[PDB]
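Quick look at a structure containing amprolium.
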Amino acid sequence: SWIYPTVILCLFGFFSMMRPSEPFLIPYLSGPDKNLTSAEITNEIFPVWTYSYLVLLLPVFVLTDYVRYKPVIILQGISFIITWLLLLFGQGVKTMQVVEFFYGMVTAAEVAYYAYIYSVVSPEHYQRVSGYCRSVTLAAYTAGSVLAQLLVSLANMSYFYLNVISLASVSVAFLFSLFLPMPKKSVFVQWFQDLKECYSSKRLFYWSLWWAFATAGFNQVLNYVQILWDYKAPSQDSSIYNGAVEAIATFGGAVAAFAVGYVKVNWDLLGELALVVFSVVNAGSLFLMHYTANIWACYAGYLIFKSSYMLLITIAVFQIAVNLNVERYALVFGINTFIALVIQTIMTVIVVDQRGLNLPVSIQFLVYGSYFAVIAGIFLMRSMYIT
Ligand SMILES: CCCc1ncc(C[n+]2ccccc2C)c(N)n1
């Protein structure tokens, strides 16, 4: 019953994130392929992606539930084709901003990817499905990652052909999304009131708050983990190591996500326990990622953080899906990702951006670990409040 939609969406998400260009993205548009300077790739190109992500998530959670979650995925698939098509044959920064915009489209519609399956499978499978979905996505990345590595370590494949393989993968993902089964069917203040009815669920607003907050710190860690590794071990070869470790970490997260789907354990009573334990694990790993000036210890801490957070976000998505009791799967997922991106952008402005505090990378992860520890303690003091 649930096997065909789950398998098709898992194949889509695998081929929509099996992107060998992703680990070698910055070298691709900063090397001979595009000849863009590094001060226009991060101060003018990536903020465009962030802004497009915000303004494209804004109509995702509003409209994805109404359109039954397939067109936004199909819009994600087509915009994957546009993103990497302009990433392949678009020179200069004028076209690359448009690509950052379409990648914001694909990332905002990635909310539809997660929320579609809960609108097409019964709640009983919401655990298993969840894991698998998240797992395959993470598997996707690490697959692409390791694939990319081999293509640059054994076949000297140029970054342009890495992006070509990425486009071919997301093209197969678009074809799989075309074959996704269509889910069955089903002023402003009222809409907000509906959101209030959609957010008054049991053990969901707190999982939502974790999603709205912990994933912002996770995305900050994702962005600046390579910079932390460069600070810890300024090695010329470390690059091939760095992304590779991400692969393993992502792979770990994959299996961690694959854990949540596979284990026949009840998160109804262990949801709070899993939240507390693995949020404390994330905080401790982030502190370990910073406090210990050992590159191998930092890699292990990053693997632990990524795997535990992937497990936690899988539990969060599953628990929100079962406890939602409203058809708006992508509204809560979409607004969760939008609020998380808002918090991530705000803490990027303060923590690392020149406009804010501009904290060096040797205290960046200190404050990231402090942020995750604050999140965990908030969910510590919630358990004590429950008593
Ligand atoms: C398709 C090319 C456009 C594009 N590709 C990859 C990223 C990856 N990235 C970069 C910085 C911060 C976060 C993330 C996910 C990006 N922002 N933009």
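The residues of chain A that appear here are 11-196, 261-461 by the PDB entry count, in order. This entry, so its header tells us, was determined using electron microscopy, 3.1 Å. Atoms within a ligand are numbered from 1 in the order they appear, just like the ligands themselves.
Contacts with amprolium (ligand 1) are greatest for the chain named in UniProt as Thiamine transporter 2. For amprolium (ligand 1), the residues with heavy atoms nearer than 4.0 Å are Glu32, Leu35, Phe56, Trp59, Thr93, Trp94, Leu97, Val109, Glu110, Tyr113, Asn297.
Listed by UniProt number from the N terminus, the transmembrane segments of chain A with non-hydrogen atoms under 4.0 Å from amprolium (ligand 1) are 2, 3, 4, 7.
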